[PDB]
S.K.: 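Okay, handing you the structure first.
Naming: A, B, ... by sequence-line order, numbering from 1 per chain. Order of appearance sets the numbers: ligands from 1, and atoms from 1 within every ligand. Every heavy atom of this structure was used, including side-chain atoms; hydrogens, water molecules and symmetry mates were not. Displayed portion only: the contact tally does not extend beyond what is shown.
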Amino acid sequence: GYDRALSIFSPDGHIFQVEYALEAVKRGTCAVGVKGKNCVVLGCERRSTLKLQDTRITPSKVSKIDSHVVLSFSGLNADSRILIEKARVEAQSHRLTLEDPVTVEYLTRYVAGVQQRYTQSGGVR
Amino acid sequence: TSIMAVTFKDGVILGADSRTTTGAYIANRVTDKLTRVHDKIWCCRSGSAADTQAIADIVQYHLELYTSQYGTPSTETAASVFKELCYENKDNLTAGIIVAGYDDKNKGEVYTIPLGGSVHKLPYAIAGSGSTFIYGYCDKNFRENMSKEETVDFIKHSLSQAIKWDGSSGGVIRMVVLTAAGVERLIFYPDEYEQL
Amino acid sequence: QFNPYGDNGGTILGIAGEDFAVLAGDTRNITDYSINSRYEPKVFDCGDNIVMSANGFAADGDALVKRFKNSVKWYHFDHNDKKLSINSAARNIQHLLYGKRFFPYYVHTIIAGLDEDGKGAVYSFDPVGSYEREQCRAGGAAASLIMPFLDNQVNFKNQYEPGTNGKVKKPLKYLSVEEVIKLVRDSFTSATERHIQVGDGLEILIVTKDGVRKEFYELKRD
Amino acid sequence: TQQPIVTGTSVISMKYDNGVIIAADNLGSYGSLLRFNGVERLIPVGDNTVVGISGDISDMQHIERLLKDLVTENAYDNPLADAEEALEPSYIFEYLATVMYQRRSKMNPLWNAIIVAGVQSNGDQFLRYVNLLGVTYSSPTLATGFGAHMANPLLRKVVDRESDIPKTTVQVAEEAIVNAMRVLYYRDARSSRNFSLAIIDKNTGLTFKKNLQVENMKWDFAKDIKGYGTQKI
Amino acid sequence: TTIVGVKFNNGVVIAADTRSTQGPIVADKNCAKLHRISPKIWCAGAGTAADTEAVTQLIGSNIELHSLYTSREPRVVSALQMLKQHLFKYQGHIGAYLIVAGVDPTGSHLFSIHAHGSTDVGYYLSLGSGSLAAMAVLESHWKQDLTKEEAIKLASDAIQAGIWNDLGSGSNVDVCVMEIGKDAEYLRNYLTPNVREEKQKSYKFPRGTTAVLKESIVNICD
Amino acid sequence: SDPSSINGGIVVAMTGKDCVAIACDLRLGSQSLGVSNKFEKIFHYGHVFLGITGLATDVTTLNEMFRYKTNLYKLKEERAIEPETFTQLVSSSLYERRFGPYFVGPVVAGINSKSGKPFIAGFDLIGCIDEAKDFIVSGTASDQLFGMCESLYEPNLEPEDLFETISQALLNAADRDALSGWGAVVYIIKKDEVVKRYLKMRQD
Amino acid sequence: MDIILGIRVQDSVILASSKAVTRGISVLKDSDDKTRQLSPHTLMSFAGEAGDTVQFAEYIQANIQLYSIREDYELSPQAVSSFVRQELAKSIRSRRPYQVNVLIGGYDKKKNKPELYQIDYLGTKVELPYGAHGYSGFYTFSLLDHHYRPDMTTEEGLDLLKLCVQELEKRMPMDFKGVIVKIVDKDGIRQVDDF
Amino acid sequence: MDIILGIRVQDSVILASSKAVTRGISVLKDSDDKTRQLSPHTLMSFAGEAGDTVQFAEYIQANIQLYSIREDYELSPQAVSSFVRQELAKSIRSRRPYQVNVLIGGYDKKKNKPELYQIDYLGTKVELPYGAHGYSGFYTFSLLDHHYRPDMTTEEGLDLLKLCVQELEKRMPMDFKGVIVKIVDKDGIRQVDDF
Amino acid sequence: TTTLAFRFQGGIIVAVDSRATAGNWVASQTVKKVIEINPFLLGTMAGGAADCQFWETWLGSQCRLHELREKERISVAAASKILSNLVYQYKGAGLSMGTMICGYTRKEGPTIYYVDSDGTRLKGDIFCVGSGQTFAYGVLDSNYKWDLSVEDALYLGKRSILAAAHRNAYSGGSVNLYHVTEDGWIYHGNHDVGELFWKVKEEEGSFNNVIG
Ligand SMILES: *[C@@](C)(CO)[C@](*)(O)[C@H](CC(C)C)NC(=O)[C@H](Cc1ccccc1)NC(=O)[C@H](CC(C)C)NC(=O)[C@H](CCc1ccccc1)NC(=O)CN1CCOCC1
Ligand SMILES: *[C@@](C)(CO)[C@](*)(O)[C@H](CC(C)C)NC(=O)[C@H](Cc1ccccc1)NC(=O)[C@H](CC(C)C)NC(=O)[C@H](CCc1ccccc1)NC(=O)CN1CCOCC1
Ligand SMILES: *[C@@](C)(CO)[C@](*)(O)[C@H](CC(C)C)NC(=O)[C@H](Cc1ccccc1)NC(=O)[C@H](CC(C)C)NC(=O)[C@H](CCc1ccccc1)NC(=O)CN1CCOCC1
Ligand SMILES: [Cl-]
Ligand SMILES: [Mg+2]
Ligand SMILES: [Mg+2]
């Protein structure tokens, strides 16, 4: 297996691969989250250099993880699908073992844990 | 067991080891497997000690009753009585018997009666677990009309080898000589036969 | 077909006092109707004031004791020479036994010593690791003979106060080390009389705060 | 899961005041067939230990090779291999005992009963038994197979407990062992007359005796025994 | 069981241990395994306890009737023949293993009988679970032309070997000496080398310890 | 399907100074199910007492059989049967069924009216007599009873002391056996008086 | 055949027996009377192997009726129960034993007392205040241990019996189709039609 | 686990499943729901080996729910039944197979048709107008062969189902403690509370 | 073993015996068959002693790890399912366990789950588990009402174990009582059958089958 440590520390104490991953997020289309008194609203930018698009079938920016939780993102679109899939699987697995749907904090903690794992695992960015 | 009976010029000689086993334990190392059913009709016993004793006792009874009415029975007659018991009760018996006797008319005769209860008249016979190891030797060395001393040496050498290779055979080599002269018992000890 | 188990016979006995505990066991080792040894000890000092015996199939018994002794050694290495308490030892042994749940150690295990309050403690285990603290336990071939006698004499079962119309029970009290050793010796002589796998010698290990003492007594050799 | 094919019978042994004695016949049986007659079942390790083995001979030969390799391995990077760091009987036994129990625990045993006899560096007698189940025990007298049933009773009349060991000389001890081998020849159907005997003494060292024979046997009374009950002739 | 028989100058001696087992439990510590078939024909029995007693009493009964019918003292070969034909008929299901010995007008005799009905002749014999231990002693110390006192010593030593080394045998040594021209002497408990040591404690309970629900006088009279 | 341990139960007998004691539990069950707590296992024919453990149908059958036989005995002999004689009768009767036996563990107890000697005896299911000076035990807790008797017993106990020893032997043995207990009865037997006592024990 | 219960009260014996006859996966009948009158004051219920049950019950019935005609006299419940036990005790060592378990409820006219005997196919007899055969006992015995009193009336006994049937209908796996209840007292045997 | 029935009518699928959970000689529960909703318009009932039944049902449920979230779309009953069959078809050649028999009642919203699938533990799938697993079928199939019509209403289907339960309650040996009835139609899944 | 637990107006009653057997040999009369997982969770034990003892203490460890990770006490449903999913992994291996997970949480209220070694997991109001379960059921069912008082409910649980202890040969020793409320579990003592039986017989007037 490919083992290379891609995410590593630099002299100044920075992990450039993680910081360059943030630059990819900074490039991505804007996404905003605002929570009210009895609701949450997720707003998302879609760049208008793409005309002749088919909005019926084009992947939506906001994704349902379960019937009660949603996930939007900014950055690499292909990368997001992997996190969304893993989150959706964990959501069903939680319902199966705990007999109760995930809390938003738990689902976040899971997704965040996956992201962290890819910052100190060999062979992955 | 290792047993055998060999006809020769003057009559017949019966031979046997003296070992009785329970598994690998030797319950009796000085057993007498050569048994009298009549004055000059004897047998070699192999297989179940209980079965062969029970059979021999019944045959002895039959031949004694035969003698009271019809006089001395033939060796063939004795073999027939053994056969009748072994054949008709084949399902409940484990007995390999060699019948050997001396008539004045018929001289020395040997009949062997294996597990099935069949009868086989032969010049000589070998039987018992240890006999397997001396088929080759006995076939090569047996001759008809041997002398007494030659027959004794034949039986001694044969049973010596059977004893050497068979764990179920051992102890002393007993022999019984049947001739017109009478009945002679012979015994041979390990120190003699082992170093043959 | 190969049978990986055997029966080495013998019997063991643990009694707990107020400030002491004893673990006794006969020294006879057998297979079928044969005696292998008249003096083969199966009660061991395992350190930290814990005595142990694993009676039944001696090969499994020796393996278990050996593994527990080793567990005590590594407990010191990993936890700054901390003393392994009898309750912690008991739980550790459960995991050793249950670790082989699907190919069990064929033994009845008993350990004895002092708890963390300095009081006498006896723990007993089944072959697959279920355990319980008790004042009293007999294990092995003659356990069925000795145990009911212990119920009667140590825990005073079925004994009522004379003249109270079977209403007031005989009150529970701790026994002295002298009285306990009398019961152990009488238990083993009685078991020797009526059980063929029990005899030859009796070895008792007594545990107090001062340490582990030994006593040996002859038993009938028939 | 095995079944033993070519087998060796009893190994017998006992302690005496200065050391230990061990003996075993030279037979390799093949069921009831007494197949092989030149089989050495006592194997010395160094000049202070003798391992007597009964049961499956193919597994015995495997154990021989292990002991042989143990001596080689012990010599590696060991300037004191023939002195302070030489192989002890207790080391050799524990090694075998470990192997026997590991093999039984894998359900593939070495189909043997083993007695390790020797003398430790401090002069103490070593005598201990181990078998296919990994069961171990020690006693002033030890025997395997039929030896356990017939030899032990005779050897225990000489050394019945620990205190009898200093009172037992090598002459008395060897006499009992040789007597026991005769009794086994009378009564064990898978035994032979030829045997080997080894003495490990703390003073005189290892004495290995080959090509011994059972002798002074009583067979004369057999001639008087006739029939199985009534028969007079 | 361990039982033996030893021939000597002017007769024959038989001996036996006195342990009766029930699995690993000693049921009777002092049972009598030496049986009287006739005044001067005695029998040592091993195997199934009820069978040895039943078969020896039956043949003993028929021997007595035979003795009265023929106006003669009974012979050992008659007991031997009757026992073996009975045992053979039952194909080993009657688990009686017997050493038959005695004196009669023909002389002194020693035989063994097995459950399936086979018989053996000898100067020294041993049967039972401790027969190998006993036979080891007999093979080591037996010789031709034993005296009465030497044969008793050899027989009891052979039983002792069973007592100490065989778990199936224990307790005491019974002996019966059958000498020619003399009455047979039955030596019940000839040796008692397994006496129970004094108990450490008396377990005599204070009167009223046991709780009682009812009392009543039972009528045994008419 | 082991006949001797379907119904459960125990009997124990002891000798004392010029007296004998015989005791039994009261349980009759069907394996785990306790059915009856009144099932006595001790019977008597004149002054001879018989306890019987094992398969309950055979306990009942044998009682009826020995009552039958001892009644005819008395009519012909013109006297009561003695313990020594009865012991032989029990042995004969059991061995008569050698290859189809009653699954029982009988125990005879009594005092010979002529000699005054205390007598006890035990049997296996096919009639082997086990005579004893001290005690006889029988039933599903026989191991337990052997252990209790061997430690608690001492010779020449007075009837009142003997009662305590035999009772404690039975009770503590029964409490270590699942199939024994549910009440108990103790018979104290002197030369010409017999006392019967029901014991208080745990009912589980 | 499955459920047979018996309760002895102050002045009567009450027998309850299930009505179902099942073979395979089919309830062939739901009104089966699993009892025979042995005499005017003696009733026997039965359960066990198919065929054996009725064959045995009627065989006993015939024998008791024969006795009654011969002596012009009714055998006591104790006497009948001893006769039945002996037959079963013979049977268990036969070539093919009767695999039948019975309860015998009777009223002894000489003693003026109700009597309930429980006898299994081995010939194991016991007199009881309340009895059951088969798996029923695993529920009813503990229930009766709690609620039963020796001085109860026939009506109290029937309510006690209803409590047993309700528990069995709740926890038993099989549908036994209710029970036929019969009462045995000084006036003989009668059937409760509405249960 | 024992009785599960299914009836497809004109505009709906009706599933009936027994409420009893029995272990040994004890009915541990009499209100057990032997079904799981796989999707808003698909319901699966199940019967078989203890433990396996629920473990399998919930495993399928999780997988179908995962699919629904991923595609924001409900799988057709045919698609779900094929998925379930394949899982069982894998299972039967595993080290330890799922010993579970299922009925899948669903309403296809694209076709506007009710659909009933019967699948056994071997992975044997069939689409049927009416179905049953276990010994139930030995009574109900012949009954439905006679009384069933393809154009029946939901109410007629429930009366037809009552006729099945009555027959089972009459002739079945075991007490299955009635049934929970659920209806699957264009409006989704609902439970009949009074049956 | 005989164990039970039932739900009622005032929470949950849990009652168990204390006997342990090895065939017909009574090995112990003082076994603890209730495991105190946490102040709001109990577990009952029936079947293989080691299997029950080992895996239910393991369950307690898993329930502790839950509240460390989730900063919240585990639900009775989730606790019981950890155990049921565990034994299901071992299905066919020969585990012998009959357990009940009894407890209280805010979202669930008082809850009882039956969990056994062949994978069965059932929520319910009343359960009796063990070889003596039927004897306990007989007394419990015939006297059970939802509106029992805490005092009467405690007694009925105790009396039901006593009934089974008496009739079933493999049950006995002593009765251990627990009461589970919204504030957690409360221990209500060890009651020896040796004294309890006669006390109940005399005061209640029951057990007329026994010689008084
Ligand atoms: C050689 C040994 C083999 O060919 C000889 O043939 C001798 C013949 C002499 C005795 C006439 N045979 C034996 O020694 C004979 C071998 C034998 C064994 C079993 C069946 C057939 C042949 N040995 C015996 O008969 C002994 C005699 C006793 C020791 C005095 N008997 C047994 O071993 C009995 C026999 C039971 C039996 C089995 C099958 C058919 C008939 C009878 N067997 C045992 O006692 C079993 N043994 C008991 C202890 O548990 C281990 C097995
Ligand atoms: C040594 C000690 C053993 O080899 C001796 O051989 C002695 C011989 C002397 C006593 C004559 N043998 C025994 O002690 C003998 C050993 C034995 C055991 C079992 C089978 C064969 C041999 N012991 C017995 O025979 C005892 C005698 C009693 C204890 C006094 N009997 C039992 O153990 C009986 C076995 C009876 C039996 C029936 C059918 C075939 C063979 C044997 N067993 C029981 O009573 C067990 N059971 C308990 C519950 O109620 C029903 C009976
Ligand atoms: C009632 C009593 C009905 O069983 C209860 O269910 C209690 C439950 C409590 C203790 C949790 N159950 C038991 O007492 C239980 C019954 C049982 C036995 C065996 C299998 C399943 C259930 N008893 C045990 O588990 C005992 C407990 C010991 C005595 C403390 N243990 C054994 O019987 C053990 C080990 C069983 C075992 C399981 C799996 C693999 C291997 C072994 N066996 C022994 O101790 C063996 N033997 C007993 C007699 O002496 C020689 C050694
Ligand atoms: Cl012979
Ligand atoms: Mg001994
Ligand atoms: Mg109980």
S.K.: So what's the drug over at ligand 2?
M.R.: carfilzomib (bound form)
S.K.: Would you let me know which chain has the most contact with carfilzomib (bound form, ligand 2), using the name from UniProt?
M.R.: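 With more contacts than any other chain, that's Proteasome subunit beta type-2.
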S.K.: So, with a 4.0 Å heavy-atom cut-off, what else is touching carfilzomib (bound form, ligand 2)? Just the chain letters, please.
M.R.: E, F
S.K.: Does the protein place any heavy atom closer than 4.0 Å to atom 48 (C) of carfilzomib (bound form, ligand 2)?
M.R.: no
S.K.: Which protein heavy atom lies closest to atom 51 (C) of carfilzomib (bound form, ligand 2), and at what distance to 0.1 Å?
M.R.: F:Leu125 CB, 3.9 Å
S.K.: In the PDB file, what molecule name belongs to chain F?
M.R.: Proteasome subunit beta type-3
S.K.: Checking the N or O distance criterion of under 3.5 Å, is carfilzomib (bound form, ligand 2) in contact with E:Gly47?
M.R.: yes
S.K.: Does an N or O anywhere in E:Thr21 fall below 3.5 Å from an N or O of carfilzomib (bound form, ligand 2)?
M.R.: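 Min N/O separation from carfilzomib (bound form, ligand 2) is below 3.5 Å for E:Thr21.
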S.K.: So, is E:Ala49 polar-close to carfilzomib (bound form, ligand 2), with some N/O to N/O distance under 3.5 Å?
M.R.: yes
S.K.: Mind checking whether E:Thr1 has an N or O less than 3.5 Å away from an N or O of carfilzomib (bound form, ligand 2)?
M.R.: yes
S.K.: Is the shortest N/O to N/O distance between E:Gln22 and carfilzomib (bound form, ligand 2) below 3.5 Å?
M.R.: no
S.K.: Protein heavy atoms near atom 18 (C) of carfilzomib (bound form, ligand 2), is at least one of them under 4.0 angstrom away?
M.R.: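 No, there is none.
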S.K.: Any protein heavy atom at under 4.0 Å, with atom 4 (O) of carfilzomib (bound form, ligand 2) as the reference point?
M.R.: yes
